[PDB]
S.K.: 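Complex: nevirapine : Reverse HIV-1 reverse transcriptase p66.
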Amino acid sequence: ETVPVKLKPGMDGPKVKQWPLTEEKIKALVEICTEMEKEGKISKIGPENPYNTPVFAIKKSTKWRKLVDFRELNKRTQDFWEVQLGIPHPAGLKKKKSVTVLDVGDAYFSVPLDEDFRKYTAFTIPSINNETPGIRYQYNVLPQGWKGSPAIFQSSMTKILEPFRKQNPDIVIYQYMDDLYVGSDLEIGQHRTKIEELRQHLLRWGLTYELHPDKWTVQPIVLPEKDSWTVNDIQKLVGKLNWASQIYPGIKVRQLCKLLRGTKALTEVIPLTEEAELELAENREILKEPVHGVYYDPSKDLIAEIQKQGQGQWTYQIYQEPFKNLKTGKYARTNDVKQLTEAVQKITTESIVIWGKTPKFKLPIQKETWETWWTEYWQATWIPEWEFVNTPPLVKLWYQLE
Amino acid sequence: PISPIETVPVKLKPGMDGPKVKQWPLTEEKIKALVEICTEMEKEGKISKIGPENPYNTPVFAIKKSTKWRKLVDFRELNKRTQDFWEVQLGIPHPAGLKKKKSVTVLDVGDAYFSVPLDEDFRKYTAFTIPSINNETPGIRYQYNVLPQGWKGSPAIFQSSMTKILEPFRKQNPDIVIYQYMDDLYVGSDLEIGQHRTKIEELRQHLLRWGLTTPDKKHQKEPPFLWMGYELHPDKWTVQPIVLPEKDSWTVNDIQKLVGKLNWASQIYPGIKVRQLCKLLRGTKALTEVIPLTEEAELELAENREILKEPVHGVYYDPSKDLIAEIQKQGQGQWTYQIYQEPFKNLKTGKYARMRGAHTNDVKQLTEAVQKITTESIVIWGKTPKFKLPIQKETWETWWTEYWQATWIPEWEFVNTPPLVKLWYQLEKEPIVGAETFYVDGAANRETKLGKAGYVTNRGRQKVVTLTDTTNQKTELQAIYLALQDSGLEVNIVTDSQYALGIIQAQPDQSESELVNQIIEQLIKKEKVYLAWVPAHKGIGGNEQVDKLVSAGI
Ligand SMILES: O=C(O)c1nc(Cc2c(-c3ccccc3)[nH]c3ccccc23)nc(O)c1O
Ligand SMILES: Cc1ccnc2c1NC(=O)c1cccnc1N2C1CC1
Ligand SMILES: [Cl-]
Ligand SMILES: [Cl-]
Ligand SMILES: [Mn+2]
Ligand SMILES: [Mn+2]
């Protein structure tokens, strides 16, 4: 039997155009979808269905894997998966010593999809050079990548996990989209034994990557530790600290600024006054801790900004209002787009664990270039929302590492 | 015939009924024409007579071609009420992506729409009425049994029907290539002339089995085929013949048309240029205004007319070989490229001439051109080409590893095709010893449009100018421009304008603003420039002083 699903009030289906794909990915999708159709998972559709959602192929191993971009359908289904059948996010997950991510997407293909909703899940396998019309399908079962799937499947999931949870009361298990996050405080060996155990449970129902959240540390804003200081050095310092003060209560620059008296040469060395030195220590002390006064608001979007730092290094912040940083961090290791792709997946994984939401990304790269290459390196089974920006050179500077 | 293919189910929009538009009274000759047309359509089964109970109507009209009448149905109301359909207009093939064939045959389907059945349950909504003379008596009522002309769903339903019909034939003849466009079919093969003809005959017979008539060998068009502004043979392609007018006087209309023709030809004629012609259209208003060609435009046109003098064709794609893409700089902002598999037999050519923003350099532009060509290549051939670029590995790598934006380009290599792209200057990474430090700033009034720019220096110097017709931002650039003119070959400059910093820091080599261009000249002249920033009104050393200066009277 199927659960009835509705779109949000007066919203229509998605009508998103399919992206052009390389030859090898088209071949892969063709074979994947032929097999899925033979197995009843999807059916061919006619021109009387005007909806479309883009589809991609990713390399998961050397076995291709279909990835459907349901970002728009998700947005238009939000009342359903969030308020009607929401899945609560445990605050305990982020405190665990180890968290393993499991793909349980295969689960969905054994639950039929509400017949009247099927049309909205239409997609198209394109041809090269538009030489033939694209092949059109829609889903007959819960699709991977749709936020409706876990929401609908969750009472089955609860029943599935019930024995395991009862037998290991200190293990935290959290479902987000196609994945299961499983956290414990066990030594690494014993943790892995429990994960294998969980998979056995899962396996009886056809459901068949290690994080360490309590080892996620704020990435402080760093103040230079100098032998001697030039006017330039002090000028940089004050700029940086001035920006910091828009975020962290208590940041002081008064004393440091005294040193900048008169119209002086950039390279002139200038000895620190003992109190400026103190001012510096205190600011340094404050920059270690999370920002006093910033709290997550569950009715608001998360935003994530990333800056390219050079030499395979990248900085990022997560906030809901600029400079109310909920989290700041870094990623390290050359192919700029591959690295950015990796950092985006990492930042998204942390946000899911921490808040149970994905951030909308501000990406320091031209739209077309990202669109061209992101799927070459993508491995995750979700896709965050994103947009493209030009990093203000000073923002880069102020978040610089050492 | 009417195809025995299953119909596509169709519905009106969720909260809507069928149309009910009243038939306008028609003149007698047009009533006659319609009775005669519908009588035939009726006998062929295209329409059926209906009763008075059917509550719906849509206006019909008739228009004299020639000495022939045509039946027109105004389906706006119905179209407004009909569901959306899967888009058919999703893109066309580029000839350069096609594979060469020994033979290609075109077959047009006769009375295409009228040869495809309409959803039984939807027919009622297409009811129309031939009005009686002066509307005295009830009109003759018909509804459609087939896809009507001018109805929303026809294009998409026709195409999906043709696709289903072709399906078994394609499965049986995997080495025959068929392209569908509107009511035409392009059928290509590598068979020898005799067996190709045989295969066409089988296609026709298969098509006829499914209700679709086509021209026989005697009536089939001969190559080259004209399609979408191209002209196609089995073994090469080009754009449709273009004749450039020879005229003394050129209206805006003429120049617009000429530019479109040139832009179109540029996909196979290498070197086509339109910049000088385009400048002529600047701020252009009346399509009838005559615009005197400038000497440069006159030469550009001539240089074009010469490129077009003799026919050029592109070759087709061979999937077993790599794509090679070469790019050359032509002028400023102007780029040109060619794509081939064997040198120098172009599959296609192109030009790129877009400014992303007001300020860029050649390294950024070349990278943008590479991206554009890369996207195009995926679309056309489903794979990336190997590039030959007029830039040194080191030049490109120094730039991108230093710049704050991310990028990646497909495999490439340097080719020595001047002009080469280089970096025209590089700002220092560290402040300069024994170089004068200039603190700069600027002010302007919001309702004055007046303002000042100036500098103070660590060696005691200063200056302030007055700017008319300027912004708070333009003054910021003026100040830096001041500092540059009055300084030695090495200078340190301290601004408090992120705006100005942003611009200069990106290391531009061209710009829309003449101010910026002037600054660019200065930067290229210097031996060393360090540029730094400080927050305004933090009581910083020399910044406070110059703020004071330029803010006087403002
Ligand atoms: O050059 C600029 O961008 C510039 N901008 C301003 C704008 C400005 C700042 C400011 C403070 C710290 C860092 C940056 C701006 N603080 C202000 C307070 C009131 C009004 C305007 C401003 N005031 C100036 O005097 C000035 O020179
Ligand atoms: C207009 C058009 C669009 C797409 N493909 C083709 C054509 N027409 C051709 O004439 C053609 C020429 C050469 C090779 N394929 C061609 N064909 C393919 C079908 C044999
Ligand atoms: Cl980790
Ligand atoms: Cl200007
Ligand atoms: Mn200023
Ligand atoms: Mn000022």
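The lettering of chains (A, B, ...) simply tracks the order of the sequence lines. Numbers in chain A track the PDB entry; the residues on display, in order, are 6-65, 68-215, 232-356, 362-430. We number chain B the way the PDB entry does; in order, the residues shown are 1-65, 68-556. Quick check of the header: X-ray crystallography, 2.1 Å. First listed ligand is number 1; within each ligand, the first listed atom is number 1.
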S.K.: What ligand or chain labels cover nevirapine here?
M.R.: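 At ligand 2.
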S.K.: Looking at nevirapine, which other chains have a heavy atom under 4.0 Å from it, would you say?
M.R.: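 Heavy-atom neighbours of nevirapine: B.
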S.K.: Specify the protein heavy atom at minimum distance from atom 17 (N) of nevirapine: its residue, its atom name, and the distance to 0.1 Å.
M.R.: B:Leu100 CD1, 4.1 Å
S.K.: Using a 4.0 Å cut-off to any heavy atom of B:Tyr318, which atoms of nevirapine qualify?
M.R.: 12 (C), 13 (C)
S.K.: With atoms numbered from 1 as shown, which atoms in nevirapine lie under 4.0 angstrom from a non-hydrogen atom of B:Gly190?
M.R.: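 Numbered from 1, nevirapine contributes 20 (C).
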S.K.: Within less than 4.0 angstrom of nevirapine, does B:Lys101 place any heavy atom?
M.R.: yes
S.K.: Could you list which atoms of nevirapine come closer than 4.0 Å to a heavy atom of B:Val106?
M.R.: 9 (C), 10 (O), 11 (C), 12 (C), 13 (C)
S.K.: What residue and heavy atom of the protein are closest to atom 8 (N) of nevirapine, and at what distance?
M.R.: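 The answer is B:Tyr188 CD2, 3.4 Å.
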S.K.: What is the nearest protein non-hydrogen atom to atom 18 (C) of nevirapine, stated with its residue, atom name and distance?
M.R.: B:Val179 CG1, 3.9 Å
S.K.: Taking 4.0 Å as the limit for heavy-atom contacts, which would you say applies to B:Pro236 with nevirapine: side chain only, backbone only, both, or neither?
M.R.: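 It is the backbone that gets close, since no side chain atom is under 4.0 Å.
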S.K.: Report yes or no: does a heavy atom of B:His235 sit under 4.0 Å from some atom of nevirapine?
M.R.: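 B:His235: in contact with nevirapine (<4.0 Å).
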S.K.: Tell me, which protein residue and heavy-atom name are nearest atom 2 (C) of nevirapine, and how many Å apart are they?
M.R.: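 Looking only at protein heavy atoms, the one closest to atom 2 (C) of nevirapine is B:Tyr181 CD2, 3.8 Å.
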S.K.: Considering only heavy atoms of B:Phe227, which atoms of nevirapine have at least one such atom less than 4.0 Å away?
M.R.: 10 (O)
S.K.: By chain and residue number, what forms the binding site of nevirapine with heavy atoms closer than 4.0 Å?
M.R.: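 Heavy atoms under 4.0 Å: B:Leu100, B:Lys101, B:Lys103, B:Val106, B:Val179, B:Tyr181, B:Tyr188, B:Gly190, B:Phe227, B:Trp229, B:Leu234, B:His235, B:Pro236, B:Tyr318.
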